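Chain A is numbered as in the PDB entry, which gives 3-532 for the residues shown. For this deposited structure, the header notes the method as electron microscopy, 3.3 Å. Counting starts at 1 for both ligands and their atoms, in listed order.
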Amino acid sequence: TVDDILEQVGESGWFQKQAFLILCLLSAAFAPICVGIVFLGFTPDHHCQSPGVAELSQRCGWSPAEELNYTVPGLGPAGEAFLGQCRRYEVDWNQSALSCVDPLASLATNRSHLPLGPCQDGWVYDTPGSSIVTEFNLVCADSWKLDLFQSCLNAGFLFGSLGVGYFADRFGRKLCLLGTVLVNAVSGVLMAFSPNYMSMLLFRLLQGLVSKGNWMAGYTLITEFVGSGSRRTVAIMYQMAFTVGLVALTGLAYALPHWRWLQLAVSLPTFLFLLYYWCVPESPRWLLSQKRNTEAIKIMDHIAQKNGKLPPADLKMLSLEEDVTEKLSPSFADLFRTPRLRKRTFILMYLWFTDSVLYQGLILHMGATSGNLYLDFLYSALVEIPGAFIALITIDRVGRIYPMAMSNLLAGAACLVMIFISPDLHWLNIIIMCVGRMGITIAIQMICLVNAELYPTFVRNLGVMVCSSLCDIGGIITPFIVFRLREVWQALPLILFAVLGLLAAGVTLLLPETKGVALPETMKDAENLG
Ligand SMILES: CC(=O)S[C@@H]1CC2=CC(=O)CC[C@]2(C)[C@H]2CC[C@@]3(C)[C@@H](CC[C@@]34CCC(=O)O4)[C@H]12
């Protein structure tokens, strides 16, 4: 009966726009946590630091180009670039060379007979700004610890997703928003003032613990607040905030080259939401799922007062249809109580894992697009807009199962097309990648809507975090899987991606259709889904 009161009081009102903006704020302050390693951990051109090279450079006044050419051993990178970015000339350069204009008097090739040692004086970087690998020297033998950032972030995602999902289900959406936003702000603030890498790793673990739960608790609140018809328009445009945050992250990263200033800049919307927190109330469906009737009635009265429309006479005694107890049972065994619910939970878990694996693979496989890193990130980020608009015009017309199925089938076909596509005519390969990424983004938005729609209110956050826990596992194992499979066969990850996409497209058809259906409230209501 919550939807009837929402319709009588007026859904998608001005207060709904205000709540939409202030809750989509999180979605804009969530991208630097997830994908901020692109700008906080970019690896510039580097080589070994030789004290004798600088003396000759100051003596002859050499320009940095030919000084770099005559200084590094590996002028030609040849892919690995270990001779340029790890090798140091053991022959001294402080003494006057035979010819300071590109000296080669060490040997016939000046590298074959001259011994090549590792870096001893540190590293230099050809960039006006700073980064993680710039500050902590993570380029030659410490390059594997750059991936530890994302690894700790995803492990925190998993663990804190489960924990914060249970916390949000038990103590409500508002208290979870308080806790996760506080820990996110603290974690960013001491991220930007971390002396060592271990402190950063611990704070990245904490950010992974709270950030995903914060984002999807806000998404769950903003989904439950609107009626049956505006769920599409709210849940699709909630990721417009993420896209806008991606664009703003790129712009502020171009504005601020140093990573500490970037973290200060991206830690600000969380504090400004802390300043503007009191403008959102709790979800009335969760309040009715806790036998707190008068708080939900007060929330409806406040919404009526803010919207300018008088509350109806039936707004009082707003209660559940068959409320018999507190309905406080957020359980991990609640999801697998029924064979139907266990089937849909396993389907959503496998679908989340497949979508995460496919998204990470499609992101990683295409990285040869040259130019600026900021322009590459803009091209990767702006491609989600037309597919999301295609979604926003196709959920209402078709539904929530067929667009997801087609999108997964299109992603699998695109993974099965670019394998047989020649390396020549790169424009076709780029547009095929773009089509596959478009379908993947549509499928991710569809599963984000469907996961939230197909669960009871008192199970919803915990059940989604259980279903979405396989995304972080896929994010962890995907780079290792693609690396070892690429070592085995040049195209084996592509066939595995196509197989996973085809099986995911086949699997999602067994999900119940939830087009034009109100959110379930009791245990029996979700058993009736589809
Ligand atoms: C990098 C990833 O793995 S997904 C990324 C983070 C994430 C992890 C979860 O487990 C929970 C859900 C999320 C928040 C996704 C939600 C949907 C996002 C925002 C996606 C990035 C782009 C997409 C699809 C197209 C669009 O319009 O926005 C989110």
**Q** Which drug is recorded at ligand 1?
**A** spironolactone
**Q** Which macromolecule is the chief neighbour of spironolactone by contact count, per UniProt?
**A** Solute carrier family 22 member 1
**Q** Which chain positions lie within 4.0 Å of spironolactone by heavy-atom distance?
**A** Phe32, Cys36, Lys214, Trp217, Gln241, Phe244, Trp354, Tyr361, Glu386, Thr443, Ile446, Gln447, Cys450, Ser470, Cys473, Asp474
**Q** Where does spironolactone sit relative to the transmembrane segments of chain A: which ones, by UniProt's count from the N terminus, have a heavy atom under 4.0 Å from it?
**A** 1, 4, 5, 7, 8, 10, 11
